Participant: 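Working on a deposited model featuring abiraterone. Questions ahead.
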Amino acid sequence: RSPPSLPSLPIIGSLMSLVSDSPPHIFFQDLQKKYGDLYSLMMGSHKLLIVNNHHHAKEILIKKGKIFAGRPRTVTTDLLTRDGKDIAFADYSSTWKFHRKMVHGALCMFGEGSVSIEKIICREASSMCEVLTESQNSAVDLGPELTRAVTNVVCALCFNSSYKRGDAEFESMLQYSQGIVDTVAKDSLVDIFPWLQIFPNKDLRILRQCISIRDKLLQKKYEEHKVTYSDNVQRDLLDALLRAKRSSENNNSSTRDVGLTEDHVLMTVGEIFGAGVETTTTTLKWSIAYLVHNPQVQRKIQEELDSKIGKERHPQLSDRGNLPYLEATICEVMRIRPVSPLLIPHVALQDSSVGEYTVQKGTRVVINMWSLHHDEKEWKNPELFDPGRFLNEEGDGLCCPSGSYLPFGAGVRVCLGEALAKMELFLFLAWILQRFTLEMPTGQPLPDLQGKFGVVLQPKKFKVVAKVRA
Amino acid sequence: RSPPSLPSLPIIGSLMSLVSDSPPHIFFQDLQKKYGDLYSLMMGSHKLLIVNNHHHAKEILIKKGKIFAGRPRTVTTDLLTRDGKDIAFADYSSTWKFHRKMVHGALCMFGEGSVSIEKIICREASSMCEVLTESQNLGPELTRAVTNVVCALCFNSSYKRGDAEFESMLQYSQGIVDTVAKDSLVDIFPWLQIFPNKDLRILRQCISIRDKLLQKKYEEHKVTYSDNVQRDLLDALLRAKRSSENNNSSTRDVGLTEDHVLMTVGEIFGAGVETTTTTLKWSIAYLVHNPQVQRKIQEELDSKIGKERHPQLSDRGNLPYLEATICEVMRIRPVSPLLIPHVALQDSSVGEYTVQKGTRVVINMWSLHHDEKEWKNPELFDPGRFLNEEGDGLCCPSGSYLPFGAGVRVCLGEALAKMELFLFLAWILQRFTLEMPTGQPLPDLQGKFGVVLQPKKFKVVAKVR
Ligand code: HEM
Ligand code: HEM
Ligand SMILES: C[C@]12CC[C@H](O)CC1=CC[C@@H]1[C@@H]2CC[C@]2(C)C(c3cccnc3)=CC[C@@H]12
Ligand SMILES: C[C@]12CC[C@H](O)CC1=CC[C@@H]1[C@@H]2CC[C@]2(C)C(c3cccnc3)=CC[C@@H]12
Ligand SMILES: [Cl-]
């Protein structure tokens with residue numbers, strides 16, 4: 001009782017069956033017309049299970065979470081993460097669980113005396129909004145001005161620093177990062193046939209180059225932090241990891257079987273950094289896009305902000321319960337352009353089963369989040385940006401419209417930075433829309449909504465201007 | 001400009017206008033009939049503003065949260081909290097912000113390496129379900145299960161079944177709950193603490209028991225402390241206290257006195273016991289009154305967890321019916337029907353009416369959660385209020401729903417309460433059905449008003465399934 005499979009050849013597998021012009025997620029969606037909502041294929045030696053139904057997905061992620069909690073190893077992700085010593089791409093282990101806890105706790109604990117990431121997010125939203133007022137005349141494209149704000153929130157979190165406006169070594173970070181996003185967990189020949197390392201591989205060479213840069217900047221932050229370290233303060237996530245590593249070397253019963261080598265410390269912090277930039281910036285950019293496209297959504301948000309916050313005061317995180325239309329718009333942005341249309345593979349750790357079907361140990365289960373959030377059977381008009389999907393009868397609050405909505409995934413490997421991302425999206429969006437309304441420059445056209453595919457689904461460059469008032 | 005007001009005399013105020021056999025929350029809800037959804041009174045010298053409308057409540061707690069973030073000083077709470085060095089009754093200050101964050105962090109970080117508050121909740125759930133598999137022959141068993149969660153979180157210990165220290169703490173706690181933040185007369189008129197007042201004698205006594213037990217735990221922790229471990233919330237506060245003494249320049253405004261550390265840990269302990277136990281006891285009551293709800297939870301458990309493994313926290317999104325049931329329990333019997341006063345730190349306004357600096361704004365959580373304008377058949381227990389159309393997931397039925405409060409003074413242990421309620425109810429109902437001894441009637445739902453509306457004891461006996 002195995003699920004339908006694509007045709008397989010012996011070494012190759014099903015690769016001859018999966019050449020298309022569509023991006024991998026819509027391709028795997030359209031394949032449901034032939035193979036149903038749940039089906040397998042073979043990428044070289046490795047068996048893939050593609051999951052398009054949310055009942056199956058919640059069975060993978062929740063019911064049988066630890067079971068499908070394995071991560072696959074891959075040459076690109078092995079390099080990115082020093083052979084899986086991060087959190088995503090790290091195999092289900094007490095090491096993975098511990099590092100998740102440390103990131104969680106460092107976020108709860110950031111800012112020593114009353115100060116928190118709320119302060120940092122508000123500082124950076126403020127600094128940005130004051131550059132947008134000061135350049136309403138001279139257009140100035142937000143996006144990079146927004147990317148710096150987001151990067152600074154997570155930069156504060158991880159290394160207790162920030163990038164100056166117009167900083168040289170920031171744009172170098174953006175550049176190497178985009179290089180990594182280009183070349184990592186896109187299924188390429190070396191990721192399918194690892195022995196192709198014996199030949200020259202172009203994208204492996206540029207990936208390795210971007211990693212070298214990152215590794216330089218990480219080691220620089222690492223050794224600085226070590227010299228200036230004190231037990232009286234936990235400045236940032238890196239201090240909390242250094243404290244933990246110290247305890248590991250003092251032999252406490254706690255952290256004895258938990259990986260806290262130098263590698264682990266660096267990859268964890270590096271990971272949170274890269275995540276915090278590429279995920280939140282991407283999501284905000286989609287927000288910006290769908291707001292330019294749907295100015296009646298801009299206005300209804302602004303009218304809400306006028307009612308519950310506006311004038312005399314800027315939006316605070318205590319306002320979180322009280323701005324349901326803004327909340328719903330963010331839900332809808334996450335739903336319509338999922339940040340990862342194909343989730344990282346959930347590898348089967350033992351033999352198990354998914355809804356009537358058998359699932360062989362070691363199989364790579366790929367949840368098709370696109371198909372979950374765009375299924376016409378659970379979402380009406382799936383290409384329509386309607387924040388009302390997530391509102392209650394009156395607009396007093398939110399309703400889950402569908403069981404299929406898994407914006408931060410679920411279960412055991414649920415997004416580590418969910419709470420953070422919610423703070424950033426809420427605060428940045430509310431701060432901007434409080435004072436500004438977003439428009440397209442002169443009589444230019446509305447942005448293209450088809451996404452540059454990868455590990456993250458990112459939009460094509462907008463160039464969008466902010467004109468007061470709101 | 002000023003809101004309606006009950007008649008007040010000098011000195012006593014509106015007392016004696018407000019004599020009643022009604023519980024205070026209900027009494028104030030019915031006064032709406034004459035004064036409307038928002039009205040003031042005078043309790044002795046101090047001005048109360050009763051808020052019954054969710055729009056007004058949200059303006060108090062959210063839109064103007066920092067303005068109305070003051071707490072009143074009261075001779076009972078003062079004794080309970082060493083003159084406001086805890087969190088709940090601490091005045092709005094950087095100290096308050098800092099102790100909240102500390103508690104959040106210690107909760108996030110609990111018990112490094114192979115230990116999480118999930119595993120502790122699950123452990124105590126297992127202990128309780130082993131004892132309930134002495135089937136056909138509860139209450140105090142669930143109380144101790146709950147106590148062990150917050151006991152590990154705060155002190156890294158536990159009460160075994162039978163400990164004298166455990167019953168010892170339950171009785172001093174009850175004495176404290178029967179006396180604090182009730183309008184004693186000595187609270188209304190603080191000067192008559194120069195007389196024999198027997199409610200202060202019950203307090204002080206219950207408090208010296210408590211402080212003996214805190215200082216033992218504190219001195220034991222001090223003598224076993226290490227900088228490499230962090231065992232619990234108390235270690236966290238000791239670490240902060242040390243760094244503060246070493247002139248960490250950020251934790252300077254904040255107070256990390258011996259008193260601050262003791263009042264914070266003691267509060268989290270008290271809170272974790274009384275609030276979670278009360279809410280779980282109400283759950284049990286309503287489940288006994290509604291066994292078809294029990295059955296619908298049980299069939300959800302079977303078809304989304306199964307029978308070979310026990311409930312895990314990772315099932316958070318996957319049991320809508322049970323979570324909607326918990327919402328309705330929190331709705332129909334608020335843990336604090338009347339809430340601690342939100343004192344105005346400066347002159348302000350609440351929906352057109354003016355509000356005087358110093359006035360003590362009391363949110364009537366009962367009237368928010370039983371307003372016929374916003375809830376249909378408010379005394380009807382129905383978890384389907386919180387379900388969506390297809391029952392696939394949750395859905396907000398009213399903006400009047402504020403079970404953990406909102407804004408700046410929002411509940412500190414909300415995350416902890418949700419873990420506790422979710423796991424214990426799931427663990428229990430996966431293996432049992434709650435019936436009563438067949439020669440009994442369905443339990444009293446009226447309950448005892450104090451700082452935490454607690455139901456009256458009822459001797460339940462859960463059958464296996
Ligand atoms: C802004 C919107 C975001 C969305 C919609 C989102 C969504 C998700 C999703 C769907 C997953 C996959 C879970 C799985 O494979 O089962 C995930 C994983 C992850 N997210 Fe996010 N995320 C976001 C932001 C962030 C941020 C800001 C961080 C910052 C650190 C972060 C850290 C992670 C990590 C570490 C994982 C891997 C967890 C693990 O393997 O245990 N995410 N996220
Ligand atoms: C089980 C159900 C619980 C409910 C329904 C509940 C509800 C509430 C409410 C309504 C408030 C007042 C919020 C406000 O004034 O805006 C509050 C405050 C508080 N709760 Fe809870 N609570 C629960 C459990 C807990 C637990 C387990 C703790 C454990 C530490 C806790 C600790 C607190 C504290 C410290 C405050 C005071 C916050 C402050 O003054 O800043 N609660 N809770
Ligand atoms: C490659 C990149 C982004 C480019 C950075 O230079 C390196 C990096 C580190 C961790 C990656 C991240 C992209 C998003 C990833 C893949 C992911 C993620 C994806 C979606 C939501 N939340 C988290 C967790 C790890 C994250
Ligand atoms: C008096 C008592 C309960 C009796 C204990 O012996 C001492 C104690 C400590 C703090 C109090 C708590 C009852 C509930 C209180 C009043 C409160 C609370 C109330 C409702 C929801 N969440 C928290 C936080 C402080 C809590
Ligand atoms: Cl949200």
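Chain letters run A, B, ... following the sequence lines, proteins first and then strands; every chain starts at 1. Keep in mind that the numbers below use all heavy atoms, side chains included, and drop hydrogens, waters and symmetry copies. Both counts, for ligands and for their atoms, begin at 1 and track the order of listing.
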Participant: Indicate which ligands or chains correspond to abiraterone.
Facilitator: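 All copies together: ligands 3 and 4.
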Participant: Which protein or nucleic acid chain has the most heavy atoms near abiraterone (ligand 4), under its name in the PDB entry?
Facilitator: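 Largest number of contacts: Cytochrome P450, family 17, subfamily A, polypeptide 1.
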Participant: Other chains near abiraterone (ligand 4) with a heavy-atom separation under 4.0 Å: which ones?
Facilitator: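 Those reaching under 4.0 Å with a heavy atom: B.
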Participant: State which residues lie within 4.0 Å of abiraterone (ligand 4), judged on heavy atoms.
Facilitator: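 Non-hydrogen contacts come from B:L80, B:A88, B:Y172, B:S173, B:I176, B:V177, B:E267, B:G270, B:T275, B:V335, B:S336, B:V452.
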